Amino acid sequence: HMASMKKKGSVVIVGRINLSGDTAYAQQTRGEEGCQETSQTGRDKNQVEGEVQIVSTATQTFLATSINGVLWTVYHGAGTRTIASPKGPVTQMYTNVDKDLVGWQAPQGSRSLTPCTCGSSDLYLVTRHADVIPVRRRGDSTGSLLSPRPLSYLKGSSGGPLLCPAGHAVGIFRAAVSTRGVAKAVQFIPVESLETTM
Ligand SMILES: CC(C)(C)OC(=O)N[C@H]1CCCCC/C=C\[C@@H]2C[C@@]2(C(=O)NS(=O)(=O)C2CC2)NC(=O)[C@@H]2C[C@@H](OC(=O)n3cc4cccc(F)c4c3)CN2C1=O
Ligand SMILES: [Zn+2]
């Protein structure tokens, strides 16, 4: 009944993929209890750094990527949820269930990737475990893994970036194509789609 109706919590940043130095590695910035409390209140006072954030809801964890001052991620992970921030929950700035894309204003402290203009097809996918996976671009929104991996290896990496050799953002990881549980290809939201959305 109306009085007992629950509210979904915010998406909470719980870590980041560190790409600054010469070694890529995952960092956790908040443990599961803090995350649950932060999800409920929407108030997150933690310092944010970097381009690729690890994010969580009460029930899922995945990635979020800053491009042109927007923190982008997938609708199948974030739904229409707000994101926790120092001043309380922040409403989505973009929502597109047809592209499986959402965006909030990028948190203070984050760094944004620049949209690729190279027209290059040698890409790199960054996972939540900070693996940097070579991907050959195969079409507007697909790319093949040079070395196939079991699905398990990509799970929880949606929202992560595909980058060009110059470190520009080419797309946001959306879905994996598999045969017998082995991922051969990936689907992503092309950065131009984002630029249009904006
Ligand atoms: C499209 C095609 C060719 C049929 O393929 C597949 O549907 N395959 C599957 C294989 C699943 C096995 C795990 C693979 C692991 C990693 C996959 C990256 C990943 C993930 O890490 N999610 S998450 O854990 O972080 C999650 C916690 C955040 N995404 C998923 O699972 C998505 C979610 C779901 O699809 C969607 O809801 N929509 C909605 C869309 C709207 C428009 C366009 C789209 F494409 C859309 C895709 C199925 N997904 C796949 O990938
Ligand atoms: Zn580029």
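One is the number of the first residue; the rest follow in order along the sequence. Atom set for the values below is all heavy atoms of this structure, side chains included, hydrogens, waters and symmetry mates excluded. Just follow the structure's listing: the first ligand is 1, and inside any ligand the first atom is 1.
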* Asked: What is the recorded name of the drug molecule at ligand 1?
  -> danoprevir
* Which chain accounts for the largest share of heavy-atom contacts with danoprevir, under its name in the PDB entry? -> NS3 protease
* State which organism the entry records for chain A. => Hepatitis C virus
* Asked: Who's the nearest protein heavy-atom neighbour of atom 30 (C) of danoprevir, and how far?
  ->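 Nearest protein contact, heavy atoms only, for atom 30 (C) of danoprevir is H76 NE2, 3.6 Å.
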* Asked: When you measure from atom 41 (C) of danoprevir to every protein heavy atom, which one gives the shortest distance, and what is it?
  ->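 Its nearest protein heavy-atom neighbour is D100 CB, 3.6 Å.
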* **Contacting atoms of danoprevir, where contact means under 4.0 angstrom from a heavy atom of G77** => 28 (C)
* **Option set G159, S158, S56, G160, criterion heavy-atom distance to atom 19 (C) of danoprevir, minimum** => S158
* Relative to atom 8 (N) of danoprevir, which among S141, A176, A78 owns the nearest non-hydrogen atom? -> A176
* **Identity of the nearest option to atom 32 (C) of danoprevir, non-hydrogen atoms only, from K155, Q60, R174** => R174
* Quick one: look at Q187 and danoprevir, take heavy-atom pairs under 4.0 Å, and tell me if it's side chain, backbone, both or neither. => side chain
* Hey, is atom 37 (O) of danoprevir under 4.0 Å from any protein heavy atom? -> yes
* Asked: Quick one: does danoprevir sit under 4.0 Å from the side chain of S157, the backbone, both or neither, non-hydrogen atoms only?
  ->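 Backbone only.
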* Asked: Hey, which atoms in danoprevir end up nearer than 4.0 Å to a heavy atom of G156?
  ->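 Counting from 1, the qualifying ligand atoms are 20 (C), 21 (O), 23 (S), 24 (O), 25 (O).
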* Counting heavy atoms only, which part of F173 comes closer than 4.0 Å to danoprevir: side chain, backbone, both or neither? ->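 Only the side chain of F173 comes within reach of danoprevir.
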* Region of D98 that comes within reach of danoprevir [heavy atoms, distance under 4.0 Å] -> backbone
* Write out the residue and atom name of the closest protein heavy atom to atom 49 (N) of danoprevir, then the distance separating them to 0.1 Å. =>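 The closest heavy atom on the protein side is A175 CB, 4.1 Å.
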* Heavy-atom shell of 4.0 Å around danoprevir ->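 Sure - by heavy atoms, that gives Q60, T61, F62, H76, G77, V97, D98, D100, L151, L154, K155, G156, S157, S158, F173, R174, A175, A176, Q187.
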